[PDB]
Structures are given as C-alpha cells and as structure tokens.
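Complex: fasudil / cAMP-dependent protein kinase catalytic subunit alpha.
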Amino acid sequence: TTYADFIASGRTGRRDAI
Amino acid sequence: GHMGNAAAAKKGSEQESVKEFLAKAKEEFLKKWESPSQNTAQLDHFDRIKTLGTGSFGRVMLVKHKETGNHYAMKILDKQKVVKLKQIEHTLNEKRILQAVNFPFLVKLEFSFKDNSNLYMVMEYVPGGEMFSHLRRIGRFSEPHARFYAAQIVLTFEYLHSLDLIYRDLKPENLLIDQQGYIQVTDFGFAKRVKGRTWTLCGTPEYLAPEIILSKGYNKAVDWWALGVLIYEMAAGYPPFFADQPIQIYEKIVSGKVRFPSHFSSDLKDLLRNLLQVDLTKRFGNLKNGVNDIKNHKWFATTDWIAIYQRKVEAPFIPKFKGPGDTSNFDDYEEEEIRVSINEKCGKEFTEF
Ligand SMILES: O=S(=O)(c1cccc2cnccc12)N1CCCNCC1
Ligand SMILES: *[C@@H]1OC[C@@H](O)[C@@H](O)[C@H]1O
C-alpha cells in the first residue's frame, strides 16, 4: 500500500530541515 | 452565479473587514519592530523543571516563575554555538519577530534576557505537545478535524503575509496544541521580511515548494504550497511526496503529479490540486483574489472564520492536561546542566538581543 511504502521509506519520525 | 445577493454582500463586507483589521495589525507590528523590548527578566527568577526539547537549535526547558508560580517554556541558546553555526542573524531576527507580532495562534514571548554564556527566550507554555505526535498516534485526522487546524494556519499566514513576513518552516513537528485544542506556531528562525522575492534554500524536504528546489527567486506562495502539504498529511497520515532520500522526493515534487487516498473527498482533492500547483500563475494564494480563493473554496464552506479567530469553535480534540506544569505530551530527555561562565562570550555579536 502507499502507507506501507511510507513506513519503508523510513522518513516517518521527526524530520530535520535541510 | 454561485451566490445570491445576501450571501455575496455578506462575504464582500467580511473581506473588507479583514482588510481593515490587517491594516491596523501592520501599523502595530511596525511600531514594535522599531522599538524592540529587551532584558525583561533574569535567570534566578525561575525554577528549572524539565527539558521539553533539545537539538542543534539549543534547548527548551519547562520552568516555573518563582514570584507568580506560572509555568513557561524557556528556549536557551549557547552564544558560542550560535556563532560557530553561523546563526547570529536568524537568532536575532526570530526574537525581534516574536516580540513584535500579536495573533491568537502565534506563541507569546513573555520575557527575554542574556548572560555571559546564553540567550534566553521565555515563552508561554503550550502543554499539548506537537501536532506531529498526535497525528502519528491517531494515524490520520478526519477531514473536519484537519479543516479545524487548516483554518487556523490560513488565518495565521494571512496575518503574517500582511506584515510582509514569509514563514517557510511549516510542518506538524513545528505546530503545538494548546489546552483548548488550538494551534500555536512557535519557530520563526526561517521567517523573513519579503515584499517581492527571496532566494535562500531552507526548509524540510517533504514541505519544499518546487520553486525553492529549482533554485528560483520565490515569494510568499511557498507558504501556500506548504499548507497543501500539511492538509494532505493531516488527512492521509503521510505526506504527498516521500521517498528513501531527499533527491527522490524533489523529483516527485517538481513533476506536477500528486496522487490521493481513495477516502479523500472530491472537495479536498480539488483544494489540494490548487495548492500543490507547480505553476505559480495558477496556485491558490498567489492569484489576483489572494487568500480569498482559499477561504471561499468549497472544502472550507462550513468554516466560520471569525469564530475560529475568536476561539469560539469547540475543538475536535482536547489534549490530556492533569494540571499546570504537566509535561506528559512531551518527550523525555537527559537533563544537561545550564552552565554559565565567569567570562562574557560574544558580547559584540549579540548586543541587540
Ligand atoms: O516544543 S518546543 O520545544 C517549544 C518551543 C517554543 C515554545 C514552546 C512552548 N511550550 C512548549 C514547547 C515549546 N519546540 C522546539 C522546536 C521544535 N518545533 C516545535 C517547538
Ligand atoms: C516510521 O517511524 C519512524 C521509524 O520508527 C520508522 O521505522 C517508521 O516506523
């Protein structure tokens, strides 16, 4: 699923600025 | 047309009254900008309770004012670290903005001061924690729940943009929930006075507008793009563009393609397609009608904008609050000490703080 792909991306915790 | 006489007259008068409000708000902001407040407390006026947030930006501590007993969130910055990381202008600008603005969804700076080692910003304590935590816990917000939050962001950006301030730091990580369930915006390190264009590469990959990625001179419409990303993430539980690594995210952003969960309403998708619009000549918030294209969109048809501003709408969710000084909605951290030093550090650079 799209949600599954999200989890697998790993970018699911707090995100840093560039 | 879409509106009868009574509805059109009411909306026209409402839009004129917003203009009148914003003109007065801008005059008040500019007076405070020119005459900033300074050195309005000292460290021994507070008890240190717990660390609420720690990072490259320094740290934020829950404190208790000794005299009055009120709790606050105190942001502490190490002057020497700020200098090393080349953040003098952003630090001074953030404090100058916070002391000059006034809006019900912008955090209030109550005190600021400095000592040999550190700078201190003492802000109202917002006990509900980050939207990010609640969103990941619940998974996703229903459309009415997401709309309640989105309306507050629309009004806050309408206010900031009327002061010619670009925001650039929107994301669930940077939105707090207060005791009444309303939003507080706190971080102003990327905010800037921008009447035309600006050029700095700053933000968070998932929330970057295409024109920032593509190294253009851009304007305040990047905030409306970022609102689209926020509404999407609130309503889906994940953002519209994600990938293992930022480069792949940027490829999706600039592509002009976005896909939606099948549970999104048609009204929501239409609004998002007009906010997540790669073409600036077509993006909502950047057109002749300005913010009214957003406020008058069908997805916001049930939104009473004045009632949201007056905080008279019952919030969809009220965070757990077992009394003042409750920190259950924040993370736990190792309590590093607040060391001051016998020698002043970086007095020249921070003279205006
Ligand atoms: O929650 S904070 O520590 C915080 C900051 C400012 C005022 C605050 C007031 N109350 C609680 C937490 C507060 N935070 C730090 C950076 C991350 N983005 C959200 C703001
Ligand atoms: C999303 O949350 C952050 C991290 O735990 C990751 O593996 C995903 O579960």
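Each chain gets a letter, A, B and so on, in the order its sequence line appears, and its residues count up from 1. Quick note: numbers below take in every heavy atom, side chains included, and nothing from hydrogens, waters or symmetry partners. First listed ligand is number 1; within each ligand, the first listed atom is number 1. Structure determined by X-ray crystallography, 1.8 Å.
- Tracing fasudil through the model gives ligand 1.
- Other chains in heavy-atom contact with fasudil (ligand 1) below 4.0 Å, by letter: A, B.
- Any N or O atom pair closer than 3.5 Å counts here, and B:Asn174 shares at least one such pair with fasudil (ligand 1).
- The UniProt domain of chain B holding most residues in contact with fasudil (ligand 1) is Protein kinase.
- Of the listed residues (B:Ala73, B:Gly55, B:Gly129), the one carrying the non-hydrogen atom nearest atom 8 (C) of fasudil (ligand 1) is B:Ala73.
- Here is the list of fasudil (ligand 1) atoms found below 4.0 Å of a heavy atom in B:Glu173: 18 (N), 19 (C).
- Every atom of fasudil (ligand 1) with a heavy atom of B:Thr186 under 4.0 Å away is listed here by number and element: 6 (C), 7 (C), 19 (C), 20 (C).
- When non-hydrogen atoms are compared, fasudil (ligand 1) lies under 4.0 Å from neither the backbone nor the side chain of B:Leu175.
- Atoms of fasudil (ligand 1) lying under 4.0 Å from any heavy atom of B:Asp187, numbered from 1 in the order shown and given with element: 16 (C), 17 (C), 18 (N), 19 (C), 20 (C).
- Short contacts between fasudil (ligand 1) and B:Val126, defined as distances under 4.0 Å to a heavy atom of the residue, involve ligand atoms 9 (C), 10 (N), 11 (C).
- In summary, the atoms of fasudil (ligand 1) found under 4.0 Å from a heavy atom of B:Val60, numbered by their order in the structure, are 3 (O).
- Closest heavy-atom approach to atom 4 (C) of fasudil (ligand 1) within the set B:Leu52, B:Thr327, B:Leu176, B:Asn329: this belongs to B:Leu176.
- Close approach to B:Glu124 involves these atoms of fasudil (ligand 1), each under 4.0 Å from a residue heavy atom: 9 (C), 10 (N).
- Heavy-atom contacts of B:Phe330 reach the following atoms of fasudil (ligand 1): 1 (O), 11 (C), 12 (C) (cutoff under 4.0 Å).
- Here B:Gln184 has no heavy atoms under 4.0 Å from fasudil (ligand 1), in either its backbone or its side chain.
- Heavy atoms of A:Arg14 approach fasudil (ligand 1) to within less than 4.0 angstrom.
- Per UniProt, the active-site residue of chain B found nearest to fasudil (ligand 1) (heavy-atom distance, rounded to 1 Å) is B:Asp169, 7 Å.
- The site surrounding fasudil (ligand 1), defined by heavy atoms under 4.0 Å, contains A:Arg14, B:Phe57, B:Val60, B:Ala73, B:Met123, B:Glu124, B:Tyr125, B:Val126, B:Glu173, B:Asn174, B:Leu176, B:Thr186, B:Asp187, B:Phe330.
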